[PDB]
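Complex: nirmatrelvir (bound form) / 3C-like proteinase nsp5.
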2 protein chains.
Amino acid sequence: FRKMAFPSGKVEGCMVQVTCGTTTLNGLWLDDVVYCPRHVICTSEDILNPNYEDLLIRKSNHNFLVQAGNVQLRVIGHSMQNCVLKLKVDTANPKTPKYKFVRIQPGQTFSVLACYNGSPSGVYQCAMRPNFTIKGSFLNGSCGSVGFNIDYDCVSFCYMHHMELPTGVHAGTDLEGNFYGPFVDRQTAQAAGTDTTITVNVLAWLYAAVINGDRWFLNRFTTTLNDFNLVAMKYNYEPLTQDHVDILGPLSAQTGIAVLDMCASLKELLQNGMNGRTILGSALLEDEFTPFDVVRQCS
Amino acid sequence: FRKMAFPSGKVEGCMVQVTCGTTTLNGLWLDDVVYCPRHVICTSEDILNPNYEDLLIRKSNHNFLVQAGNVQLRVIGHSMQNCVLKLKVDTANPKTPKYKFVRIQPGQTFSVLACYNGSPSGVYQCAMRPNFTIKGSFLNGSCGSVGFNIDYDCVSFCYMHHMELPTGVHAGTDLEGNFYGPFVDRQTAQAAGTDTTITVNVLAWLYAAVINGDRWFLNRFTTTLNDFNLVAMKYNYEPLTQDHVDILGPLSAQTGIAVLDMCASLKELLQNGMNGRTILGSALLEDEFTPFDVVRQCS
Ligand SMILES: CC(C)(C)[C@H](NC(=O)C(F)(F)F)C(=O)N1C[C@H]2[C@@H]([C@H]1C(=O)N[C@H](C=N)C[C@@H]1CCNC1=O)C2(C)C
Ligand SMILES: CC(C)(C)[C@H](NC(=O)C(F)(F)F)C(=O)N1C[C@H]2[C@@H]([C@H]1C(=O)N[C@H](C=N)C[C@@H]1CCNC1=O)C2(C)C
């Protein structure tokens, strides 16, 4: 059982490089529009406290240099949707997949294609944390890299990368340019809310462990949903809803372990610790696999 | 630091399916040749005790169904090289990347594109263990999925998947069909040997921690390579080769910590433990990041 990303080829064919003045970052080229973070327009002075509408009205199409590989795409119009710039180009991307823009909820996972200078560098799986950050791997020039899920040849874009917080976690927007979380695209100190652990995902991962032949953490105890939630909240875990219990149904039926029996296992893990043992090679409880992720990989 | 795969697009464009009889696995289409595991020619009875030369002599080009999606590629020749079948087809793949076939060493990492019926399913990073197995994630029909690294648009193919051992780890060949390790492509009792920890990768991880300011474990001692190797083996760690010392060169130069001084630091951790301290937020020493992986993620 590995952390597994979606194949990235459908997204690689959409990545381009966008340069405005001194700043170069990545854009997403779909049909005849390039989407990118609007902070590309800022100078190093503007970026400390930008007035974006005032800055954008002062730009011309020719201020934007868009490069797909070696070929320059001519920008023929530009507008702003929240924190995302939409550059209209005179060329349609023949590699445009079937796609949708979606806003994901905390606890959902997605694949990130990290890119620099319009060229894909790496792919990995992330979860939207309950505090609306992501624990990514992004360096200078990674902005405009996107996160996505793939469902039968349809790419659902859910994240565009904008910034790194002082704690090393990351923040960005949906493809409508709205940030996940209380963050802003301004270079100034910003912290996130206290994070919590994605309970339904920890349980899904415990089931993945059982599917892969590990049972050391199970016990013979039971719990009610409410009593489990009291202990979960005490340990800074998210509430488990009846919808979550239902979503875990396939995994419970495959292993024969009732959801509330798995909750009693997790409760014991939280109260006693792992005593130096590991689950699926991990010394900590892993919360970045959803129930769907486990099913997709295990079957 | 997290496991980051290479973008899979250049490999996705080379994946096809190969069917003999009712058995379908994956193949790799480069120029006008498709490479796949030779056990595609076996029936469920043959696999228990196959005579591959006799099975191949009964086959003709017209017994092999090669498909890119649902589009058939006409087979015009077939031959066996070690444990791989090479099917010459009448069409050169226009998506063939610049590529090399390489045989990797234990400890080296690579990205796996897990595929079923020629359709990519997911991508993840793997390390070749010292016992010549990988801790993959593979289901029925995954054989012919490949592992690869990418360097300046050149894809180095290093692994093709063949089998799962009873401990749940995986075994396969290079693209010339030579197995890694003592395994054979027959359904008969086989077992992975005892494994060891990849010392060169643990050292790379310690350098990564130093780069990020986590350096409490740096001591005031040094060691010789030979003395270190003899101690490491007593802790079930791999000895270092001269090539390992050289691949740590860039990280040693970046940090100013001599390789042998870092070896002495690791020796102290092995002999006295970590004393409840963590390194990079972990109580365990990670051994599946190579020196290149550490550099790749900070560059
Ligand atoms: C890291 C930092 C001090 C720079 C700053 N953060 C804060 O100012 C904070 F305190 F608000 F977080 C920050 O990220 N930015 C400052 C400026 C943009 C963003 C930015 O440079 N984005 C990079 C896109 N190419 C990706 C970054 C680079 C390092 N790793 C990444 O992921 C905007 C918020 C408008
Ligand atoms: C695991 C199994 C008990 C079935 C068996 N293993 C052993 O015989 C061993 F133990 F010896 F290794 C293994 O038999 N196979 C039998 C036959 C091929 C191989 C096989 O089915 N390969 C699959 C390719 N599509 C990938 C597998 C499927 C499950 N997960 C995988 O990765 C060959 C060795 C010729």
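Chains are designated A, B, ... according to the position of each sequence line. Using the numbering of the PDB entry, the residues shown for chain A are 3-301, in order. So for chain B, numbering is the PDB entry's, and the shown residues are 3-301, in order. In listed order, ligands and their atoms are each counted from 1. For the numbers below, each heavy atom of this structure counts, side chains included, while hydrogens, waters and symmetry mates do not.
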Exercise. Where do all copies of nirmatrelvir (bound form) turn up in this model?
Worked result: ligands 1 and 2
Exercise. Which neighbouring chains have any non-hydrogen atom closer than 4.0 Å to nirmatrelvir (bound form, ligand 1)?
Worked result: A
Problem set entry | Site residues for nirmatrelvir (bound form, ligand 1), heavy atoms < 4.0 Å | A:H41, A:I49, A:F140, A:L141, A:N142, A:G143, A:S144, A:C145, A:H163, A:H164, A:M165, A:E166, A:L167, A:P168, A:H172, A:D187, A:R188, A:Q189, A:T190, A:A191, A:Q192
Exercise. Which UniProt active-site residue of chain A has the minimal heavy-atom contact distance to nirmatrelvir (bound form, ligand 1), and what is that distance to one Å?
Worked result: A:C145, 2 Å
Problem set entry | Organism of origin for chain A (entry) | Severe acute respiratory syndrome coronavirus 2
Exercise. What protein heavy atom is closest to atom 23 (C) of nirmatrelvir (bound form, ligand 1), reported as residue, atom name and distance in Å?
Worked result: A:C145 SG, 2.8 Å
Problem set entry | Closest protein heavy atom (residue, atom, distance) for atom 10 (F) of nirmatrelvir (bound form, ligand 1) | A:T190 O, 3.0 Å
Exercise. In nirmatrelvir (bound form, ligand 1), which numbered atoms sit nearer than 4.0 Å to a non-hydrogen atom of A:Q192?
Worked result: 10 (F), 11 (F)
Exercise. Tell me, which protein residue and heavy-atom name are nearest atom 19 (C) of nirmatrelvir (bound form, ligand 1), and how many Å apart are they?
Worked result: A:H164 O, 3.3 Å
Exercise. What protein heavy atom sits nearest atom 32 (O) of nirmatrelvir (bound form, ligand 1), and how far off is it?
Worked result: A:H163 NE2, 2.8 Å
Problem set entry | Per-atom contacts, nirmatrelvir (bound form, ligand 1) versus A:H172 - under 4.0 Å to a heavy atom | 32 (O)
Problem set entry | atom 25 (N) of nirmatrelvir (bound form, ligand 1) touched by protein heavy atom at under 4.0 Å | yes
Exercise. Quick one: nearest non-hydrogen protein atom to atom 16 (C) of nirmatrelvir (bound form, ligand 1), plus distance?
Worked result: A:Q189 CB, 3.7 Å
Problem set entry | UniProt domain of chain A holding most residues touching nirmatrelvir (bound form, ligand 1) | Peptidase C30
Problem set entry | Ligand-residue contact atoms, nirmatrelvir (bound form, ligand 1) with A:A191, heavy atoms, under 4.0 Å | 10 (F)
Exercise. What are the atoms of nirmatrelvir (bound form, ligand 1), with element, lying closer than 4.0 Å to any heavy atom of A:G143?
Worked result: 25 (N)
For this session: Take atom 4 (C) of nirmatrelvir (bound form, ligand 1) and look for protein heavy atoms under 4.0 Å from it; say yes if you find one, no if not.
Result: no
For this session: Starting from atom 6 (N) of nirmatrelvir (bound form, ligand 1), locate the nearest protein heavy atom and write down its residue, its atom name and how far away it is, to 0.1 Å.
Result: A:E166 O, 3.0 Å
Exercise. Is there at least one pair of N or O atoms, one from A:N142 and one from nirmatrelvir (bound form, ligand 1), spaced under 3.5 Å apart?
Worked result: no
For this session: Tell me which protein heavy atom sits closest to atom 15 (N) of nirmatrelvir (bound form, ligand 1), plus the residue, atom name and distance to 0.1 Å.
Result: A:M165 CB, 4.3 Å
Problem set entry | Distance filter under 4.0 Å to A:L167 heavy atoms, resulting nirmatrelvir (bound form, ligand 1) atoms | 12 (F)
